**Q** 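Drug: rentosertib | Macromolecule: TRAF2 and NCK-interacting protein kinase.
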Amino acid sequence: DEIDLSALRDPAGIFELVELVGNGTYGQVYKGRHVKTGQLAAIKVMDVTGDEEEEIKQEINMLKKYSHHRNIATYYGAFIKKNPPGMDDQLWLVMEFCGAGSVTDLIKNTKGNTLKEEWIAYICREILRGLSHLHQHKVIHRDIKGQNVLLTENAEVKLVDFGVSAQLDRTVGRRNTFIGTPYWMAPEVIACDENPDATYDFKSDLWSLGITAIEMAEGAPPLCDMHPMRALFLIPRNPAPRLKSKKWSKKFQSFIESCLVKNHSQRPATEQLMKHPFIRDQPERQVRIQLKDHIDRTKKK
Ligand SMILES: CC(C)n1cnc(-c2ccc(F)cc2)c1-c1nc(C(=O)Nc2ccc(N3CCN(C)CC3)cc2)c[nH]1
Ligand SMILES: [Mg+2]
């Protein structure tokens, strides 16, 4: 796990920045086009500062090792633009371009800001397959949310942004860093803010998945109205958030119930959530026509 950012080549005459599509923890993410081929790629540009140096090395290594997986946006390589001595250099991280954008963007471009149970089931399983791969390699994402779940032109689900992700040595290993997006953060993660003896593990990603499912169902996560600091206080003490409507199937209500167990000890693991009827029983690996058509309607207008 040794990266040198000196032997990296200049991106001039290879990739160019077309438009800004989003941002990722540290950096601004662009739609990059290859100068010759016209091949599209997601490119995160960020200043190589001493404060965010080891956190960028962490990301690259994690992407080099695990991004091959079909449910993780594939890392191609890195370039660097040299600013004059004393100034910070621009690091370019090139990656698979997810043409349809984020789950959050699909929600906003759907009637009543609510997705079908069958899309939520499909996406939730693809996220679980991505998380299962990561957790098996002692990885915690620690920032699972609609914004970090992207879709390709083929409506293939991809996890992105390993900027606040943890690499563990031992299987039973634990973390204590208060990090993530407040609305999606698990209670045992939020505990670490004030309590210095509090520790968490991979289970925290399965809570965030639970909130991401509610995000897809209702259009936004629980406590999205109030201030993040006003939300961080209630998550640990309030009862597990549920779906407002009862029109949702009993199996989908059961999946949110399984995901959002506040006590991480009683919470099911990744492999257990895969066997849950909501994940196991779906109409799969061919029939995603509705999604591919839904994003084609967005392309026109
Ligand atoms: C931003 C995301 C949270 N992110 C954080 N960090 C990295 C990243 C990028 C490159 C690397 F090498 C490493 C990390 C990434 C990352 N966004 C992508 C990506 O493809 N994003 C994308 C593409 C298209 C859209 N459109 C919006 C408008 N219309 C509806 C059409 C679609 C929106 C967003 C791929 N990776
Ligand atoms: Mg991949």
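Sequence positions for chain A are given in the PDB entry numbering; the residues included correspond to 11-293, 295-312, in order. Going by what the header records, the deposited coordinates were determined by X-ray crystallography, 2.5 Å. As the structure lists them, so they are numbered: ligands from 1, and atoms in each ligand from 1. Basis for what follows: all heavy atoms, side chains included, without hydrogens, waters or symmetry-related copies.
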**Q** In what form does the model contain rentosertib: which ligands or which chains?
**A** ligand 1
**Q** Considering only heavy atoms of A110, which atoms of rentosertib have at least one such atom less than 4.0 Å away?
**A** 32 (C)
**Q** Given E29, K54, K168, which has its nearest heavy atom closest to atom 9 (C) of rentosertib?
**A** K54
**Q** Could you check whether any heavy atom of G37 sits closer than 4.0 Å to an atom of rentosertib, since that is the contact criterion I want to use?
**A** no
**Q** Taking both backbone and side-chain atoms of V39, is any N or O found less than 3.5 Å from an N or O belonging to rentosertib?
**A** no
**Q** Just wondering: which UniProt active-site residue in chain A comes closest to rentosertib, heavy atoms only, to the nearest 1 Å?
**A** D153, 8 Å
**Q** Using UniProt domain boundaries, which domain of chain A contains most residues that touch rentosertib?
**A** Protein kinase
**Q** Hey, is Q157 touching rentosertib through its side chain, its backbone, both or neither, going by heavy atoms under 4.0 Å?
**A** backbone
**Q** Short list, please: which atoms of rentosertib are under 4.0 Å from a heavy atom of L160?
**A** 17 (N), 18 (C), 19 (C), 20 (O), 21 (N), 35 (C)
**Q** What organism is named as the source of chain A in the metadata of the entry?
**A** Homo sapiens
**Q** Out of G42, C108, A51, whose heavy atom is nearest to atom 20 (O) of rentosertib?
**A** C108
**Q** Please check atom 12 (F) of rentosertib for a protein heavy-atom neighbour under 4.0 Å.
**A** yes
**Q** Nearest non-hydrogen contact with atom 36 (N) of rentosertib belongs to which option: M105, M56, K155, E163?
**A** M105
**Q** Wondering about overlap here: which UniProt-listed ATP-binding residues of chain A have a non-hydrogen atom under 4.0 Å from rentosertib?
**A** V31, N33, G34, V39, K54
**Q** Does atom 28 (C) of rentosertib have a protein heavy-atom neighbour under 4.0 Å away?
**A** no
**Q** Taking the non-hydrogen atoms of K41, is any one of them nearer than 4.0 angstrom to rentosertib?
**A** no
**Q** What lies under 4.0 Å from rentosertib, among the other ligands and ions?
**A** none
**Q** I'd love a list of the residues lining rentosertib within 4.0 Å - heavy atoms, by chain and number.
**A** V31, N33, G34, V39, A52, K54, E69, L73, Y85, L103, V104, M105, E106, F107, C108, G109, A110, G111, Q157, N158, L160, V170, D171
